[PDB]
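Data block below; observations after.
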Amino acid sequence: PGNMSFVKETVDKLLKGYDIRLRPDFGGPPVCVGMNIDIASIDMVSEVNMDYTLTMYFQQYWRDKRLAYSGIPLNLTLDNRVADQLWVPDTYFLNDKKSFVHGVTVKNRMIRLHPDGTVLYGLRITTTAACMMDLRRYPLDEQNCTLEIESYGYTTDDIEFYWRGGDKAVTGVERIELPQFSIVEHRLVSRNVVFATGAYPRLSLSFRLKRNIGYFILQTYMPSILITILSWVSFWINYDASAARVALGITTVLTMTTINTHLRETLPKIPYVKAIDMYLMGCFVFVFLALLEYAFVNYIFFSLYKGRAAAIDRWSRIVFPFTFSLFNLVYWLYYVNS
Amino acid sequence: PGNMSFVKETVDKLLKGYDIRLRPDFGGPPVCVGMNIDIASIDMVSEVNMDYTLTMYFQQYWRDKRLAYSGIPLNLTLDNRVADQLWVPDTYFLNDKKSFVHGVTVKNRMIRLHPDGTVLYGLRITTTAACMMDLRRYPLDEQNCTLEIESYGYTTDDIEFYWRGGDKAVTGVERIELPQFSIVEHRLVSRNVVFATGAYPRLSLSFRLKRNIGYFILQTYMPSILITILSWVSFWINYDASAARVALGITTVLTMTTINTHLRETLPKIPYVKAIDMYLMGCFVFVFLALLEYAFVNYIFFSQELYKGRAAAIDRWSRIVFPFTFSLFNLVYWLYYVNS
Amino acid sequence: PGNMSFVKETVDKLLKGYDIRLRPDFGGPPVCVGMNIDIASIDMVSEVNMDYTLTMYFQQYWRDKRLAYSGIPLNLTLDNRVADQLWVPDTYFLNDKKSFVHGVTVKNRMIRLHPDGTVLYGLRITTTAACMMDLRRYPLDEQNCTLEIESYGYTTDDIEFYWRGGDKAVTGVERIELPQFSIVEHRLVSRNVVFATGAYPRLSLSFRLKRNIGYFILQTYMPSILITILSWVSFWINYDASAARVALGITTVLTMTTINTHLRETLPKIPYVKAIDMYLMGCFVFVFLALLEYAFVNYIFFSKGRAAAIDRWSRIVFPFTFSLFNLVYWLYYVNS
Amino acid sequence: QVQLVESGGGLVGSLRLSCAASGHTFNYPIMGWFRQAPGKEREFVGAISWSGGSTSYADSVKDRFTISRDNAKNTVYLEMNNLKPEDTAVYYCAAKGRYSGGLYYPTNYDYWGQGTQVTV
Amino acid sequence: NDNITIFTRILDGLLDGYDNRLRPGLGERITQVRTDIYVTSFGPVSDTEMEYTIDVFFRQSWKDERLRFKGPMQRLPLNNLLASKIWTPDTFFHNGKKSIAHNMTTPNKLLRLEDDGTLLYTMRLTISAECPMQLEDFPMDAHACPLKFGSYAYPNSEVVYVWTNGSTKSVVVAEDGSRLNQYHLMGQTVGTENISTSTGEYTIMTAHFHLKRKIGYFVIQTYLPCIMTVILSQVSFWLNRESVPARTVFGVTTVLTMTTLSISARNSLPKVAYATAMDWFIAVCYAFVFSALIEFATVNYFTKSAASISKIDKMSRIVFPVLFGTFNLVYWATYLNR
Amino acid sequence: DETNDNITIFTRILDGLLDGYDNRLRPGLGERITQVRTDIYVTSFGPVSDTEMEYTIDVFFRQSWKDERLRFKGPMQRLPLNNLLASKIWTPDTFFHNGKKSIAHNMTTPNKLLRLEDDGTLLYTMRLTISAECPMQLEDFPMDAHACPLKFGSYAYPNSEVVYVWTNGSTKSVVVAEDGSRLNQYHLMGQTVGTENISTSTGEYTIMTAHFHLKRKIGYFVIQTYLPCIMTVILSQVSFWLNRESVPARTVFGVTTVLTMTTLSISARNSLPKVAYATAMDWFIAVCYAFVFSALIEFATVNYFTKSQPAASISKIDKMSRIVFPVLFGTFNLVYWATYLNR
Ligand SMILES: *[C@@H]1O[C@H](CO)[C@@H](O[C@@H]2O[C@H](CO)[C@@H](O)[C@H](O[C@@H]3O[C@H](CO[C@H]4O[C@H](CO)[C@@H](O)[C@H](O[C@H]5O[C@H](CO)[C@@H](O)[C@H](O)[C@@H]5O)[C@@H]4O)[C@@H](O)[C@H](O[C@H]4O[C@H](CO)[C@@H](O)[C@H](O)[C@@H]4O)[C@@H]3O)[C@H]2NC(C)=O)[C@H](O)[C@H]1NC(C)=O
Ligand SMILES: *[C@@H]1O[C@H](CO)[C@@H](O[C@@H]2O[C@H](CO)[C@@H](O[C@@H]3O[C@H](CO[C@H]4O[C@H](CO)[C@@H](O)[C@H](O[C@H]5O[C@H](CO)[C@@H](O)[C@H](O)[C@@H]5O)[C@@H]4O)[C@@H](O)[C@H](O[C@H]4O[C@H](CO)[C@@H](O)[C@H](O)[C@@H]4O)[C@@H]3O)[C@H](O)[C@H]2NC(C)=O)[C@H](O)[C@H]1NC(C)=O
Ligand SMILES: *[C@@H]1O[C@H](CO)[C@@H](O[C@@H]2O[C@H](CO)[C@@H](O)[C@H](O)[C@H]2NC(C)=O)[C@H](O)[C@H]1NC(C)=O
Ligand SMILES: *[C@@H]1O[C@H](CO[C@@H]2O[C@H](CO)[C@@H](O)[C@H](O)[C@H]2NC(C)=O)[C@@H](O)[C@H](O)[C@H]1NC(C)=O
Ligand SMILES: CCOC(=O)c1cncn1[C@H](C)c1ccccc1
Ligand SMILES: *[C@@H]1O[C@H](CO)[C@@H](O)[C@H](O)[C@H]1NC(C)=O
């Protein structure tokens with residue numbers, strides 16, 4: 001029975017002579033360490049840092065025959081500091097950038113023994129994981145980011161990993177909602193990874209981050225569209241007022257580049273051109289041609305010529321909307337259907 | 001008895017009487033500590049702070065005859081908490097600014113013994129290594145960044161470092177993901193450094209980082225080129241537009257100054273002119289010169305057939321003069337920073 | 001003779017059987033922990049963080065009659081590790097946000113026994129203490145804020161505090177001054193505080209900063225005044241030239257907004273009008289009226305002597321009322 | 001899933017091969033060239049990193065073969081220079097994940113080409 | 001006289017045969033941990049990160065029958081180095097993300113032992129915790145920021161938490177504690193829950209702090225700029241229609257002001273996708289500032305192409321301010337009386 | 001030499017060496033003054049921060065002394081002890097009076113050295129990154145010079161107990177690695193070392209001190225601040241070649257230059273702490289702003305007098321001011337630079 005002294009002496013007997021340096025069944029078949037996770041929160045996702053932060057409860061199961069006990073029906077729960085006295089696996093996350101076991105009040109670890117010797121070792125972790133992204137479709141993009149788990153020291157000759165519960169082993173991801181993304185899908189994998197030192201077991205968790213387009217419509221496309229069409233107001237300004245159309249056009253150019261720099265304020269200095277950059281280039285091209293059209297009109301007006309200027313103004317009044325419509329059609333069809 | 005308790009007895013008999021304060025063969029010949037690295041990633045390379053954050057698996061491998069065991073054919077893989085109870089090399093990186101061994105779950109360390117006493121010991125490390133950069137050619141520059149591996153307490157007559165595997169002693173160079181750079185090559189070197197306290201062995205791992213101009217050519221050079229081209233439209237606007245001729249020139253001047261300012265809050269306060277500053281200087285001089293040329297079209301037209309012909313000829317010239325001069329300047333600049 | 005061998009066993013005598021869990025005179029009257037401080041320097045005082053960073057030497061004195069000795073004439077200084085083997089008070093700073101005891105070569109601690117048992121325990125500390133600033137008068141504001149020193153666990157019937165030497169207990173405050181502030185005054189206090197778990201002794205060190213106005217003359221007031229006066233150039237530009245008359249004033253308006261934003265962004269999201277908010281809004285009103293006055297004359301002239309007949313007044317009305325504005329502002333904030 | 005196709009192998013000299021990738025090639029930033037023959041375990045030949053160009057080769061072909069990546073066609077090419085008779089093998093092309101292990105070991109490569117033969 | 005050593009002997013008589021790995025009454029009874037909180041200072045709230053930081057004395061109490069003692073004094077304030085030897089609960093915060101257990105000059109912990117064996121254990125903590133804000137109504141939003149904590153390893157079958165005074169008077173905020181510059185802490189609500197996880201069912205303690213945002217900042221820093229930019233755009237209807245350059249300057253420069261203001265405003269907030277109540281105000285101000293320039297363009301068309309256009313400016317001078325005032329009034333009504 | 005028994009004899013002799021030994025006491029506590037000869041080798045100086053008024057320095061900090069408990073005789077004279085053993089042996093508790101923050105590097109074993117001669121002489125070395133407070137003066141901001149000090153001494157033991165002496169003498173006892181310095185904006189003109197007795201609230205202590213003489217390099221500010229302001233003054237005076245019939249041009253051009261000066265004046269101070277006074281660069285900014293504003297006042301009066309009094313001597317001003325303003329600005333420059341190449 002669970003008499004206080006009896007439990008004390010039973011546990012002392014278990015640990016008396018227990019060796020930390022040797023893993024369970026040393027020299028024999030591997031330790032089958034079952035893995036289990038309970039996602040608490042994906043704190044952030046960052047393109048500028050090419051990483052995401054994740055808080056979770058991380059559990060591990062194995063049987064160590066040296067800890068089998070009888071005469072006690074309880075699945076004993078012990079103070080977490082027993083972890084420093086027992087053998088615990090060397091599992092670590094390959095692609096983490098920085099991580100820490102939460103230490104509030106007392107370090108967030110769990111150890112619970114079972115009569116058959118099974119050990120449930122669990123601890124709460126916040127981890128920043130590296131995931132560089134395919135930004136080429138920036139506002140319309142979809143990302144795959146993963147958490148890679150391996151044993152640092154013990155190879156497949158000593159340790160084996162498996163998801164305890166199979167496809168059900170990770171939970172809480174169904175309740176994760178993000179400002180910028182939504183988790184379309186998550187998939188669990190198990191595989192062996194081979195280095196020069198030997199074959200090391202791996203488990204990996206992956207998320208399909210589909211981006212929400214809502215944000216960029218609000219902050220980027222609305223301003224750029226409104227300032228683009230504002231540039232066409234020049235054709236509604238008579239060329240008799242020669243000094244006003246230049247001010248209008250150059251103001252639109254200034255505003256367009258000012259909007260562009262705000263994106264560069266919030267992005268990695270990545271080389272290639274992104275779809276957002278392509279859209280900004282198109283809008284800036286239309287603004288630039290709107291200004292150059294007044295310059296051309298003023299050339300023709302001084303080089304019947306009033307009629308030519310008015311005809312060019314009307315032709316632009318029609319064609320600039322038409323050309324911009326063609327641009328928009330091609331842009332959205334291409335970046336949606338591709 | 002048994003194949004578990006036998007290994008336990010072997011290990012305890014090894015660590016019975018082992019002295020952690022003495023290096024292997026203390027007082028005898030030096031200890032040849034082979035080592036090799038596997039690169040995990042380079043998080044960033046910073047011009048503002050002149051450093052780069054390297055992450056890696058760092059391995060060390062040496063003989064220690066006090067840990068020889070017999071009968072057992074296994075390469076014992078002991079729990080890493082035993083490494084706190086053995087002698088390990090005093091290795092360190094001189095140029096590191098700040099580093100740490102990854103500590104989640106259990107501190108990321110591996111230690112593996114072998115029957116003939118040789119030990120393997122490895123760590124996963126993230127180090128913010130310093131790297132002074134020659135930004136005179138920025139952004140067309142390339143940088144050499146290094147990691148200086150060295151033993152602190154023990155001299156050249158106590159330790160001997162060497163790259164295990166020689167040329168192949170560093171791997172994972174092709175999984176470094178830097179947007180702005182591409183590692184042209186990496187090179188491995190070994191040396192003896194000398195201080196007032198004696199000679200020491202040093203191993204140098206170095207990267208030659210070539211920058212990718214794709215970001216700047218699109219983000220800072222193209223807008224400057226377009227603004228300079230915009231500045232020329234004043235030479236197509238007829239000179240009667242006195243207010244607009246000014247407005248264009250002054251707006252382009254202020255826009256070049258603005259393209260300048262967006263750089264200065266993202267770079268170190270270097271005291272010398274860089275290539276980017278040379279290009280911005282030249283383009284700004286072009287816009288300022290266009291503005292001055294408009295000023296001396298206006299002066300000659302209104303105040304001083306000189307009132308007609310001089311202004312007409314100057315305006316007609318500008319439309320070809322400025323494109324030609326800017327093309328010459330651009331060609332000279334790019335061949336100055338590419339061909340020589 | 002061989003004193004090195006004797007003081008060894010004397011210190012062993014002191015530490016043998018020493019129960020670290022129990023405070024001096026446990027069960028008896030409290031232990032009187034007198035305190036000294038030597039202010040090293042005060043790092044950034046911050047509005048955006050609402051705190052200040054203070055580096056200091058902090059000393060504590062008490063008798064632990066379990067440590068008395070008579071065979072040695074020395075004021076026996078010991079290696080700092082002994083601090084982890086003796087009992088030391090549980091003093092802490094209630095209003096610190098982040099702090100650390102310095103260790104460069106070794107952890108900065110001092111233990112100095114004496115024959116009568118007195119123990120002098122000193123530390124070098126950097127502490128980031130909260131400082132709730134009243135920014136309503138910014139930048140013409142003084143800022144009292146303190147460091148609150150208290151015993152965490154031992155109540156007033158177990159530990160007592162006092163300042164050693166009274167008002168002279170804190171030194172270095174006469175020497176430190178900041179770029180943005182000057183230490184007008186400092187005051188030392190002692191009192192009790194009562195929680196649900198009992199009454200505790202309190203020591204607190206209070207400063208009274210006063211801000212330096214030079215940076216605000218450089219950035220805030222002079223650019224605003226210059227832009228306001230530049231706006232008055234409109235009244236002298238011809239009122240037929242509408243493009244210039246407008247561009248001038250509207251550019252001054254945009255400049256007012258631009259100089260406001262780049263000075264407000266380095267300051268917390270405080271929801272009330274600062275003194276410089278009043279100054280900036282007054283200057284903005286002046287500039288906005290300078291522009292809307294051109295709008296008025298351009299309307300009225302077209303719907304005649306009515307144009308010059310109020311511009312010739314505006315030329316004097318603007319500077320006079322702006323002078324009145326400054327006269328009331330400075331005397332309202334500075335002298336009252 | 002990423003899918004790959006090979007082309008260029010044949011009978012003799014010097015020779016060149018090409019491996020074209022399709023699909024989610026971003027999640028597989030590295031491509032490796034292996035080879036195999038009757039009576040032989042699969043052998044490594046070389047590797048390449050998309051957009052980086054930083055190759056590595058097996059010591060048996062080092063300084064003869066080279067690998068390069070056409071990132072626009074999403075294709076990689078191996079220069080099989082200065083053939084020697086032992087180079088007769090089927091030169092499987094394969095792709096490697098972001099965080100898999102060593103490059104010299106076939107088990108780390110997920111998606112595989114159809115294995116063009118080469119003969120000398 | 002002997003009080004300094006009698007208790008040495010007593011305490012050494014309590015700690016021999018003791019085992020801190022086993023919770024008190026492991027088999028016989030449930031361990032009821034009486035607890036309460038004292039928020040010495042509250043805030044700040046970082047809505048750009050969705051966390052809020054709270055400073056607190058966190059107090060706990062229970063009976064360990066092993067520590068029941070007799071002596072001349074009926075309770076003992078003891079050094080914190082003793083707290084490591086006694087069993088103390090593993091309480092942790094479910095929604096915390098980064099916390100500090102203050103350690104200045106000593107670990108900030110308080111341990112007292114009654115002669116009954118009852119322990120009182122206290123410690124000063126600073127916790128940065130997640131808050132689930134909804135920002136659809138930004139300028140006049142309100143929040144309930146929770147603080148949820150409970151045992152990490154021991155389930156409800158073993159250890160249960162109870163508020164010390166039961167009623168809401170078991171959580172307290174210091175009178176001078178508010179370090180919120182941007183919020184009012186309107187109130188609090190205290191409760192308990194039985195959560196279920198992959199380790200058992202835990203008895204969670206829950207506390208909610210109710211926050212409402214202070215609108216004072218945004219009035220002067222964002223609403224006055226938008227309203228004043230509309231006014232600056234509106235005054236251009238009193239300019240004579242022949243002054244085309246100035247009429248153009250007013251419109252384009254106020255549009256630039258609106259664009260920069262809008263970009264700056266949403267530089268805050270955690271980059272969420274939906275439009276808040278501030279977006280629906282900035283967008284309407286932008287609508288007026290843009291339609292003003294379009295109206296000027298229509299005038300400058302018709303006045304130079306001739307027609308009976310003189311009505312349009314006189315009617316615009318009425319319509320634009322009237323419509324903007326109507327919108328402002330109804331908007332502020334629908335978000336104040338929300 | 002004797003490799004089989006060398007480990008055994010030295011573990012035995014060392015255990016005999018530090019049994020009964022205790023680190024709680026100085027070597028010769030009751031009998032002598034302990035002398036801790038010290039030395040420093042600066043691996044890399046800098047960077048220096050004006051906004052924090054600090055500088056960061058990386059050093060091998062070296063100490064030596066005689067401990068009489070530790071004399072021994074054996075098969076070799078000097079022992080390269082493992083740095084773990086410094087925990088058991090007494091070592092001086094030096095601390096840097098100016099230190100804001102520091103790292104005693106801790107990576108792959110502490111970066112720390114311990115050696116022991118058979119005559120008892122210890123040597124003890126370690127790697128430190130030291131961020132130290134510097135009381136810099138900014139009245140001449142882009143053209144000032146600094147002497148940022150380093151000061152350190154025993155924390156606990158007064159001058160009666162422990163005294164510090166430079167190892168190789170003041171003229172050789174601190175060294176700088178020329179190949180490693182991290183200064184970008186400054187130049188370390190030279191360094192010098194001295195000693196002091198400080199009286200304190202806890203007795204009298206001895207300080208070793210080394211001063212680093214830093215001279216700022218103006219090059220960054222010439223091209224970033226001075227050049228734009230000079231030429232914006234020049235630009236604002238380009239107004240004078242436009243004929244005054246173009247009133248909108250003569251207005252907007254000057255107004256734009258004044259706006260440029262405003263932004264330059266406000267922005268350049270992002271590199272400086274919030275001092276209580278104007279620097280020399282601020283005098284330059286003030287005078288450049290004065291000239292750019294006078295280039296606008298010129299038109300403010302010309303545009304008036306050209307229509308209020310069309311027998312006015314106002315057409316003269318496009319001559320007199322045009323030729324004079326550059327002259328006055330040039331003489332200002334030739335006073336300013338002449339001053340601050342001396343001052
Ligand atoms: C985010 O990114 C990931 C890519 O980085 C996406 O895909 C996953 O990526 C991982 C690697 O990161 C990849 O392993 C995984 O593919 C499954 O892997 C399983 C393990 O395969 C390994 O072990 C097998 C042991 O039996 C072995 O068969 C495999 O090699 C042999 O088989 C393959 C496949 O036939 C041959 O090409 C190869 O030559 C070898 O002969 C390998 O060593 C595996 O179980 C699984 O299914 C395969 O295997 C089954 C058993 O043979 C077959 O029945 C089945 O038909 C398959 O052949 C996969 O191969 C993929 N996962 C997927 C689904 O593609 C993540 O999906 C992405 N996440 C999100 C959320 O978007
Ligand atoms: C910065 O900001 C802080 C915070 O606002 C300021 O801190 C305050 O400083 C004042 C002094 O300027 C403090 O008051 C003084 O406190 C002491 C101690 O009083 C306490 O202890 C006494 C026993 O030791 C006890 O009798 C007191 O209780 C009586 O008085 C209080 C207050 O009047 C009253 O509420 C009670 O009912 C009692 O009547 C109290 O617990 C005291 O010495 C000071 O003067 C009193 O006592 C002396 C004799 O000792 C006598 O001569 C005086 O006439 C007077 O009776 C004085 O009360 C105050 O406690 C501090 N407050 C806090 C919250 O810390 C600080 O001053 C500011 N500094 C600067 C530089 O601006
Ligand atoms: C610091 O103080 C010590 C004494 O505390 C000084 O050393 C003494 O110097 C005087 C001459 O000035 C000698 O007569 C004494 O004999 C010295 N004392 C001893 C014990 O030898 C020391 O010179 C002072 N240092 C400085 C730089 O002022
Ligand atoms: C959490 O669960 C406990 C469970 O306690 C049992 O409750 C059932 C139903 O009322 C009762 O029949 C059992 O006797 C109870 N057992 C014990 C040992 O008390 C509830 O008591 C709590 O109220 C639950 N908490 C909340 C917040 O609902
Ligand atoms: C009340 C009159 O309007 C303004 O002051 C006003 C409107 N848009 C901008 N401003 C100014 C720049 C301002 C903003 C914030 C604080 C102080 C002053
Ligand atoms: C807090 O101080 C205690 C003193 O025993 C120490 O054990 C612990 O490591 C310290 N923690 C930190 C974070 O400094």
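Just so it is clear: chains get the letters A, B, ... in the order the sequence lines come, proteins before strands, and each one is counted from 1. FYI, side chains are in, hydrogens and waters are out, and symmetry mates aren't considered; it's all heavy atoms of this structure. In each ligand, atom 1 is the first atom listed, and ligand 1 is the first ligand listed. When the header is checked for method, it gives electron microscopy, 3.3 Å.
- Of the candidates metyrapone, etomidate, cycloguanil, benzyl benzoate, dexketoprofen, the one located at ligand 5 is etomidate.
- In this structure the chain with most contacts to etomidate is the one UniProt names Gamma-aminobutyric acid receptor subunit beta-3.
- Other chains within a heavy-atom distance below 4.0 Å of etomidate are, by letter, C, E.
- Near etomidate (under 4.0 Å), the structure shows no other ligands or ions.
- Taking a heavy-atom distance under 4.0 Å from etomidate as the test, the passing transmembrane segments of chain C, by UniProt's count from the N terminus, are 2, 3.
- Looking at the entry, the name attached to chain E is Green fluorescent protein,Gamma-aminobutyric acid receptor subunit alpha-5.
- For etomidate, the heavy-atom contacts closer than 4.0 Å come from C:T257, C:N260, C:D277, C:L280, C:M281, C:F284, E:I220, E:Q221, E:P225, E:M228.
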